[PDB]
Every structure is written in C-alpha cells, then in structure tokens.
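Opening notes on salicylic acid bound to Xanthine dehydrogenase/oxidase.
Naming: A, B, ... by sequence-line order, numbering from 1 per chain. Just follow the structure's listing: the first ligand is 1, and inside any ligand the first atom is 1. Be aware that this covers only part of the deposited structure, with contacts counted strictly within it. The header says X-ray crystallography, 2.3 Å.
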Amino acid sequence: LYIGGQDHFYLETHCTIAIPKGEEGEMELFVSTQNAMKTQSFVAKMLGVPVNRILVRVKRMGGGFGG
Amino acid sequence: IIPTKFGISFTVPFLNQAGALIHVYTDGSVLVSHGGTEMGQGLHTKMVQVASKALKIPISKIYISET
Ligand code: XAX
Ligand SMILES: O=C(O)c1ccccc1O
C-alpha cells in the first residue's frame with residue numbers, strides 16, 4: 001500500500017521581516033511561524049551571536065498546519 | 001568647604017517597589033529585563049554587573065536590550 005504526500009497550502013505562505021538594530025548583533029523578527037524558539041536559535045546560530053540578542057514576534061499566521 | 005546629606009527613597013511610600021524579569025535561553029545566554037530606564041547613568045551596566053555576580057557567570061553571557 002502506498003499513500004502520496006500533501007502540500008500544506010496554508011493560504012498565507014512563509015514570510016519574515018528582519019530588523020537589524022545596529023547594536024551588538026541585536027535583531028528583531030516578525031515571522032509567520034509556529035516555532036519562535038527554533039526561529040530565534042537558528043538565527044542566532046547563523047549569525048554567531050548569543051540567543052539573547054534575537055527577538056522573534058508572532059501575531060498570527062494565515063494557517064500553519066505543522067508546515 | 002560645605003557638606004551634604006541627601007535622603008534616599010521616594011517620599012511617596014508606594015513608589016519604592018521594583019520588578020525584574022529574567023530569561024535563560026537554551027544556549028545559556030541570559031536576558032534581563034527590569035523596570036528601570038537608561039539615560040546615561042549606567043543603570044543597565046550596574047544591573048549586568050549584579051546579575052553576573054549573583055549567577056556566578058561572566059558578564060558576556062548577560063544582556064539587557066531595553067525597558
Ligand atoms: N485553522 C487552523 N487550524 C489548525 C491549524 C492551522 O494552521 N489553522 N493547524 C493544526 C495543527 S497541525 Mo501540527 O502537530 O503543528 S502537524 S498541531 C495543530 C493544532 C495546533 O493547535 P492546538 O489545537 O494545539 O492549539 O492546530 C490544528 N488546527
Ligand atoms: O521623594 C522623592 O524623591 C520623589 C521623587 C520622584 C517622584 C516622587 C517622589 O515622591
């Protein structure tokens with residue numbers, strides 16, 4: 001038996017705004033994510049910066065469904 | 001030659017209260033937030049220095065972003 005995959009098709013696609021603060025590696029991010037913690041960590045690790053420097057903010061998503 | 005004595009506290013009793021909020025992220029990086037504002041008197045510097053002593057960690061792991 002086989003079962004095909006599936007696209008999330010959340011009506012709102014992936015989207016991120018990133019605001020660099022110019023001080024000490026600080027950045028503030030608005031993102032359509034269900035996982036602001038991992039967003040924050042993955043950004044920090046990409047930058048070579050401590051996690052305390054990165055702020056992620058999540059108002060709402062136009063769908064997520066795990067995607 | 002002239003001396004001074006200056007009384008320390010708000011003269012309205014209820015303003016002598018203070019809040020802090022502390023997060024430790026999973027990289028050990030610590031973010032401190034408290035009710036004070038920085039205006040050049042170096043309050044955050046002092047607050048970083050206090051958090052560092054208290055926790056027994058270098059100042060480099062502590063950060064204050066804003067009020
Ligand atoms: N309208 C709407 N409903 C939705 C979601 C959505 O994006 N939009 N997604 C699902 C998913 S998919 Mo997942 O384990 O991250 S694979 S769990 C999960 C679930 C997460 O929401 P709680 O019920 O825990 O608060 O919401 C469901 N209902
Ligand atoms: O007593 C003070 O020094 C004081 C200072 C600022 C505001 C209210 C106050 O009572």
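Every copy of salicylic acid included, the relevant parts of the model are ligand 2. Chains with a heavy atom under 4.0 Å from salicylic acid: B. The residues lying within 4.0 Å of salicylic acid, counted on heavy atoms, are B/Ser9, B/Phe10, B/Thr11, B/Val12.
At the shortest separation from atom 3 (O) of salicylic acid among protein heavy atoms lies B/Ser9 O, 3.9 Å. Numbered from 1 in the order shown, with element, the atoms of salicylic acid that lie under 4.0 Å from a heavy atom of B/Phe10 read 1 (O), 2 (C), 4 (C), 5 (C), 6 (C), 7 (C), 8 (C), 9 (C).
Annotation for salicylic acid: atoms under 4.0 Å from non-hydrogen atoms of B/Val12 are 10 (O).
What sits closest to atom 10 (O) of salicylic acid on the protein, heavy atoms only, is B/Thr11 OG1, 3.1 Å.
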